[PDB]
K.L.:
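Just downloaded a structure that has progesterone in it.
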Amino acid sequence: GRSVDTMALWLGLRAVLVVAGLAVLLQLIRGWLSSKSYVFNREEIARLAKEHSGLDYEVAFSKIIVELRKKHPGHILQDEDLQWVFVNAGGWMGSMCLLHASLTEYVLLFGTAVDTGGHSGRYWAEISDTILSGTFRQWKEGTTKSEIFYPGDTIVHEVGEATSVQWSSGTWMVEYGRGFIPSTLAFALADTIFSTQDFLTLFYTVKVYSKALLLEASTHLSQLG
Amino acid sequence: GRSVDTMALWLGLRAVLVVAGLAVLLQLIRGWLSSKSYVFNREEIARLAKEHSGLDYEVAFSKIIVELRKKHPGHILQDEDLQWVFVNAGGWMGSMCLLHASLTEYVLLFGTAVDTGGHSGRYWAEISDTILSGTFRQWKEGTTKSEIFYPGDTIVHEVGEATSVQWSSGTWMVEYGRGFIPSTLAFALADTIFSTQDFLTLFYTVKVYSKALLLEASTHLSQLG
Amino acid sequence: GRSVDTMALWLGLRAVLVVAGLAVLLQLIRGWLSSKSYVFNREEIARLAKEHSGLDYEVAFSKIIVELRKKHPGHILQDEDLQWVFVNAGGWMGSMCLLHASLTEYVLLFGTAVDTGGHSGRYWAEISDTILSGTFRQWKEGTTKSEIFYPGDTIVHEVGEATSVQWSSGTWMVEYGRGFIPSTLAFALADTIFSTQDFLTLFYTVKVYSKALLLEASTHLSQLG
Ligand SMILES: CC(=O)[C@H]1CC[C@H]2[C@@H]3CCC4=CC(=O)CC[C@]4(C)[C@H]3CC[C@]12C
Ligand SMILES: CC(=O)[C@H]1CC[C@H]2[C@@H]3CCC4=CC(=O)CC[C@]4(C)[C@H]3CC[C@]12C
Ligand SMILES: CC(=O)[C@H]1CC[C@H]2[C@@H]3CCC4=CC(=O)CC[C@]4(C)[C@H]3CC[C@]12C
């Protein structure tokens with residue numbers, strides 16, 4: 001009767017429980033033992049973006065790209081491969097311009113010209129965003145109150161952390177990610193697969209990721225000979 | 001030619017039509033003949049939340065939990081099992097603290113620290129939300145105009161009804177559901193499966209549901225001996 | 001080691017790349033060689049909606065429907081088949097009333113009573129929306145700035161184009177689509193399948209599409225005898 005249905009539902013819930021739990025455990029295991037080859041550090045990127053946050057965010061874009069090319073030659077994409085690509089993830093819609101991406105790091109420009117917001121994602125990667133323009137509202141897990149950050153501030157999305165994020169129209173930021181980068185792809189592409197059906201955007205995303213990987217491989221080969 | 005393609009599309013549309021129609025019919029059949037064991041009633045919960053809506057919503061949270069424990073001993077989770085868990089569903093993102101959940105009822109605290117909104121869901125369950133803080137905008141099906149509710153009001157999401165819901169930053173409410181509760185899970189988890197990929201949140205959700213079910217089973221066993 | 005993982009990821013990315021690329025190529029091939037039987041034209045619909053944008057959007061709805069019935073008898077649904085149906089797509093939620101739909105064209109009323117926004121979709125179809133009330137913000141691909149349109153304006157979503165769209169509460173518009181209409185269905189239903197689980201709305205959507213197709217077939221049969 002009712003007790004039988006309660007017990008059966010409890011059994012199925014425990015099934016889903018152990019499935020999700022072992023998925024989380026595997027994510028932790030793959031992430032912790034992942035490689036950690038670091039060309040950049042988040043403080044360098046944050047300071048460089050903060051210095052230029054008072055300028056027009058596109059002038060700041062240019063200046064930051066030029067500085068990153070000067071300080072890390074061989075690790076930033078040429079002008080021919082820079083492209084603004086929409087990003088639909090976790091219920092929000094923004095756009096990115098990828099500057100660098102390896103197995104363990106990535107650097108990009110990110111933002112939005114529309115009001116948007118949603119789930120931040122939960123992956124084995126430390127993400128950091130320095131606002132050039134607009135406002136970034138972060139609502140952390142386990143709290144009932146949120147915080148709003150402004151140009152020049154840096155929000156650090158910690159490893160394993162999950163938040164709600166919200167950006168206002170005209171919000172632009174410099175983003176640096178460090179960790180097990182491929183484990184973020186499932187989050188970054190899911191709304192494209194199950195919501196937007198925008199396969200050309202998927203094409204653009206994997207194209208720029210592959211080009212960044214090929215640049216890193218080419219620079220590694222040159223550094224070894 | 002063109003007529004052939006029109007006819008083929010019409011055939012496939014009629015296929016999808018009868019599939020969805022029989023799905024709706026099965027939802028109605030499972031829901032109507034579902035059990036209706038009721039520990040609470042929506043008027044009791046609404047009045048208790050309305051009385052305290054003028055206080056800070058966290059003080060109200062505490063007072064409502066204490067009253068519910070006093071009036072329904074054995075049917076509310078202990079302090080050790082209370083937890084704020086994100087909820088991503090129907091395009092919106094909020095967070096919940098589950099107080100009670102059986103096969104036929106549930107009681108929780110719900111709200112959001114970000115501006116959000118989306119589809120309410122359509123399930124065989126009567127849902128009711130009493131606002132402690134913020135604003136709740138409801139847009140009913142078949143109308144071109146929406147309504148905004150304020151602290152102390154109660155919105156009743158009727159059985160089989162579908163609306164668009166929208167909450168402003170800092171909106172918090174007491175929610176009571178009555179009907180065939182498991183038929184809501186597919187709606188409550190879908191954005192987690194196909195959008196956020198946040199498997200630890202899924203873990204938390206099934207964990208608290210299972211604990212609430214086990215509490216109900218334990219109290220039933222004690223009441224029978 | 002690290003180079004092996006980089007190479008394997010590059011291989012898998014190239015796999016996803018060629019899959020998405022050939023999907024886009026097939027979309028282009030199916031769209032270009034698709035039929036182009038045109039009962040309406042977008043300038044006619046835009047001018048008719050612009051003329052009435054200064055009136056209450058429901059009075060405008062009625063006047064536009066009456067004019068479209070007068071000028072295109074046999075191609076607009078009778079009063080008995082008009083229905084407001086929710087539309088959840090690309091992360092946004094609005095509602096539509098379908099007036100006309102064939103293999104190559106469609107005419108509908110669209111809008112929203114909630115603040116919403118998301119991905120526009122990318123399909124082989126030229127879409128055009130004339131605002132009767134509210135505001136329509138369009139953010140085009142490849143740009144960091146967006147534009148806001150007002151009552152009486154027409155936004156043209158070009159074939160193959162992808163934008164972010166955003167509508168404010170109380171925004172209502174007349175929409176005309178021309179191209180390969182079925183290729184939009186996957187976008188229009190995806191959030192229903194993977195997010196809202198609202199199968200009765202899916203039922204309503206395929207029902208009105210099938211009725212519009214049957215009306216077009218019946219008028220074609222009458223015109224041929
Ligand atoms: C804005 C944001 O949430 C970040 C978090 C993880 C980031 C992704 C990290 C992996 C990645 C590398 C690429 O080369 C393409 C862009 C993507 C897919 C990034 C897009 C922006 C993301 C999704
Ligand atoms: C806020 C909201 O829409 C409500 C409607 C149905 C509710 C769900 C009802 C079933 C359920 C019981 C649980 O024990 C976990 C929370 C959930 C999954 C509830 C989360 C909040 C929901 C999704
Ligand atoms: C508002 C919007 O984006 C438009 C773009 C393509 C449009 C769809 C085009 C195909 C279609 C025809 C129908 O008969 C049902 C409604 C739908 C499913 C339309 C709903 C509104 C859509 C989704």
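Order of the sequence lines fixes the chain letters, A, B, ..., with proteins taken first and strands second; residue numbering starts at 1 for each chain. Whatever order the structure lists ligands and atoms in, that order sets their numbers, starting from 1. Values below: every heavy atom of this structure, side chains too, minus hydrogens, waters and symmetry copies.
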K.L.:
Identify the main binding partner of progesterone (ligand 1) here and report its name as listed in UniProt.
P.N.:
Sigma non-opioid intracellular receptor 1
K.L.:
Using a heavy-atom cut-off of 4.0 Å, enumerate the other chains touching progesterone (ligand 1).
P.N.:
A
K.L.:
Going by the PDB entry, what is the biological origin of chain A?
P.N.:
Xenopus laevis
K.L.:
Can you check which residues touch progesterone (ligand 1) if I set the heavy-atom cut-off to 4.0 Å?
P.N.:
A:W92, A:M96, A:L98, A:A101, A:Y106, A:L108, A:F110, A:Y123, A:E175, A:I181, A:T184, A:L185, A:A188, A:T205, A:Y209
